[PDB]
Chemist: 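Handing you this structure, nothing more for now.
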Amino acid sequence: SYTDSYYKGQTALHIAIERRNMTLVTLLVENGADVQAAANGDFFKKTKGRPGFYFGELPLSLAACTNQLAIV
Amino acid sequence: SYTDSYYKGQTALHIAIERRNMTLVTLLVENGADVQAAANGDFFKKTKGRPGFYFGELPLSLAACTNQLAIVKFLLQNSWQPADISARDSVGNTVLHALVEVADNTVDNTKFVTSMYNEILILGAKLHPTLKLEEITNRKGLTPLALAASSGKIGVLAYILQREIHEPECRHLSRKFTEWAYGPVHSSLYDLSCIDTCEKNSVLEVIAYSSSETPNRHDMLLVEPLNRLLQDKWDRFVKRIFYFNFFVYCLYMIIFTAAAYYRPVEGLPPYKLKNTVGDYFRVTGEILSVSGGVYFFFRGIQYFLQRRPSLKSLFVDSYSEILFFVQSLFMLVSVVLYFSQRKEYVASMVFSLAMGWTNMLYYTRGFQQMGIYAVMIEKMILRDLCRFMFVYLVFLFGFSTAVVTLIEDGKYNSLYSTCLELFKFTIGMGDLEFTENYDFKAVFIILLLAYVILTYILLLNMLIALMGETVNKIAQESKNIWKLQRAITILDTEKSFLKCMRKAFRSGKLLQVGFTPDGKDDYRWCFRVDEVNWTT
Amino acid sequence: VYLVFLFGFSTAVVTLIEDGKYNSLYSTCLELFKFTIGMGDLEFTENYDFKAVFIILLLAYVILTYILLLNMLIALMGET
Ligand SMILES: C=C(C)[C@]12C[C@@H](C)[C@@]34O[C@](Cc5ccccc5)(O[C@@H]1[C@@H]3C=C(COC(=O)Cc1ccc(O)c(OC)c1)C[C@]1(O)C(=O)C(C)=C[C@@H]41)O2
Ligand SMILES: CCCCCCCCCCCCCCCC(=O)O[C@H](COC(=O)CCCCCC)COP(=O)(O)OCCN
Ligand SMILES: CCCCCCCCCCCCCCCC(=O)O[C@H](COC(=O)CCCCCC)COP(=O)(O)OCCN
């Protein structure tokens with residue numbers, strides 16, 4: 001996962017869910033990918049004076065937030 | 001070609017291109033027709049008080065302007081007589097300047113002009129990869145971008161600043177570079193070149209020092225890269241320097257007030273010092289006050305030389321510099337009378353002192369909430385009182401002369417005291433005490449009551465209603481007004497800067513593309529912006 | 001805004017006058033405040049020096065504060 005101060009904890013599954021790739025999500029979960037990682041960098045936390053995207057830091061919350069019921 | 005003063009230089013090719021007749025254009029160009037003729041009659045030049053059609057005087061510009069892409073391609077790409085994409089007219093305008101000028105900020109026109117602009121750029125890149133059309137300046141020194149900003153072309157400006165061409169081999173024509181995107185967020189780099197550091201005439205200078213007649217003067221600062229730039233410059237350096245200047249002005253005015261209050265009351269200036277503490281503090285304050293006056297005098301002169309404002313718009317813009325300059329003039333006249341041994345220097349000094357306090361309202365602008373009061377006061381003085389002054393003076397001089405003629409030997413047999421009394425009646429603090437027993441008392445009473453009804457009741461409330469609508473008109477325009485004033489402050493702070501510092505740039509001199517048409521790389525002073533958009 | 005105007009003209013007037021009822025910041029600030037709300041005097045029966053400058057200053061104050069600023073406040077309050 002990303003180790004920097006901004007994208008900390010982001011992994012492949014978050015990108016796959018964001019990109020709306022059902023197949024890659026299935027492949028990652030099949031290969032033992034963690035479905036309960038926390039993506040908890042400054043880009044992903046609640047904030048007012050900064051651009052960002054808060055979603056709850058978890059792939060399940062991300063899939064729900066982006067309106068992808070099938071992945072949920 | 002036409003030989004008269006109106007259609008001078010027009011030829012068949014111009015008519016054919018206007019007629020959208022591809023066949024005639026093909027025939028004429030085939031027969032050796034000059035594709036770089038100049039049509040430079042009065043019908044074809046830039047003009048304000050005359051109907052006309054300016055297009056840049058050349059067939060290529062005409063073909064682009066009328067939305068005939070095919071003829072542009074044919075003129076540039078046919079071998080019989082190729083057209084010079086870089087040609088300039090008498091004004092110095094290239095085709096891109098011509099396209100900028102014939103914008104009008106409507107949806108359909110913006111689509112037409114923007115599209116033709118972009119296609120001309122692609123054709124230029126393919127035909128002449130070593131040519132940079134957008135840097136070519138017309139006779140006023142303006143590039144197409146500077147010209148678009150100058151004329152208030154919001155659509156063309158918003159297009160150019162946010163230009164992104166998703167095509168290989170011509171990405172160097174882009175200015176916006178989307179580095180990445182997430183759900184609602186995306187990050188791009190903006191080119192920034194000749195926005196802030198241009199060395200001829202940058203975008204922000206042109207928007208700020210526009211003449212207040214440009215239609216979209218405030219809207220042009222809402223376009224994304226500019227707004228973020230101004231916010232960054234404000235938060236980094238300009239904010240602290242602004243507060244420091246305001247504090248120093250406050251100290252200056254306190255010193256001036258204290259120096260003025262404790263003036264000596266004996267006769268015949270200049271006044272010699274005594275070896276005492278009070279005189280040393282007083283003369284110290286006097287020296288500092290006069291120094292400040294000299295400083296404002298020279299700043300005003302530098303302003304009027306650098307800007308060269310015309311008489312018509314002298315007050316419409318530059319109101320603040322005028323008032324600061326007039327304050328300094330009162331100070332200098334006071335010094336001249338002081339050493340010239342006249343007590344009447346006091347009469348000058350107090351005026352400067354009064355003005356010195358009210359010019360504090362200059363510093364309220366640049367605040368979102370408080371700048372509205374300074375803006376309103378400026379506009380009400382310049383438009384409502386100044387128009388109303390003539391109407392009120394007609395009434396005042398009429399009834400004053402009537403009353404003074406009627407009266408023989410009273411307090412009303414003098415134009416000065418009579419004008420004072422009627423003025424007081426206008427603002428509701430007269431008397432109407434008819435205790436005197438002069439002749440023509442009935443006529444005197446009828447005249448005064450007619451005056452009081454006409455001026456206190458009718459005219460004054462008319463003025464107040466008009467001022468009320470002016471106040472309501474610009475209550476809702478507050479945000480725009482604030483933004484523009486903050487921009488002007490930032491530019492002036494960069495101009496003076498008083499510390500040998502020229503850290504006017506925002507982000508680094510980073511490689512943008514690295515792939516020119518040739519084997520070099522471009523470093524362009526890009527600026528990173530991450531935006532949020534909740535669409536879908 | 002109002003205090004900027006008031007302190008400006010109050011200090012100017014007090015500096016101009018030597019030994020009157022206007023040679024005091026307290027009474028002068030009171031008088032100019034009364035002028036703002038339309039219950040002053042404008043009685044120039046006194047015969048001190050610089051009478052013309054005193055008159056011009058007070059009339060400029062009365063136009064700027066009683067006519068211009070006060071009705072600006074009233075228009076804004078009316079919209080609220
Ligand atoms: C040169 C001009 C235009 C001007 C200079 C003087 C004489 C002025 O009166 C006027 C004429 C006048 C006189 C009396 C009532 C209304 C207008 O308007 C201004 C000018 C107008 C004002 C009005 O008060 C202000 O709010 C000043 C001001 C407004 C907005 C600003 O952005 C500002 O920043 C510099 C200053 C202040 C005076 O300069 C002042 O302090 C005195 C003693 C008279 C006012 O002449
Ligand atoms: C709001 C919009 C509508 C406004 C309507 C206006 C109404 C104003 C009220 C009337 C005011 C009358 C003024 C007082 C009359 C007066 O006191 O004076 C009269 C002299 O004649 C006049 O002035 C004629 C009256 C003026 C004509 C009319 C404008 C008689 O003389 P004496 O003083 O010696 O009285 C004898 C000794 N005590
Ligand atoms: C509604 C918006 C438009 C507003 C327009 C404003 C018009 C107001 C006109 C009022 C003018 C009042 C003139 C004062 C005359 C006066 O009373 O003072 C004179 C000296 O004149 C001056 O003050 C200088 C001129 C002042 C000019 C000031 C603009 C000396 O007379 P005495 O003392 O010897 O009187 C001897 C017997 N008592």
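Here is the naming used below: chain letters follow the sequence lines, and residue numbers restart at 1 for every chain. Only this structure's heavy atoms are used, side chains among them; waters, hydrogens and symmetry mates stay out. Not the full deposit; the contacts listed refer only to the portion displayed. Every number for a ligand or one of its atoms is a count from 1 in the order of the listing.
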Chemist: What does the PDB call the drug placed at ligand 1?
Modeler: resiniferatoxin
Chemist: Which other chains are in heavy-atom contact with resiniferatoxin at under 4.0 Å?
Modeler: B, C
Chemist: Quick one: which transmembrane segments of chain B, counted from the N terminus the UniProt way, have a heavy atom under 4.0 Å from resiniferatoxin?
Modeler: 3, 4, 5
Chemist: Which residues that bind Na(+) according to UniProt in chain B have at least one heavy atom within 4.0 Å of resiniferatoxin?
Modeler: none
Chemist: What is the overlap between the resiniferatoxin-binding residues UniProt gives for chain B and the residues having a heavy atom closer than 4.0 Å to resiniferatoxin?
Modeler: B:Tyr319, B:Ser320, B:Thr358, B:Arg365
Chemist: Which residues count as the binding site of resiniferatoxin under a heavy-atom cut-off of 4.0 Å?
Modeler: B:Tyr319, B:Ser320, B:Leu323, B:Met355, B:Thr358, B:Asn359, B:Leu361, B:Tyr362, B:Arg365, B:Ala374, B:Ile377, B:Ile381, B:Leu385, C:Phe5, C:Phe9, C:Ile63, C:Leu64
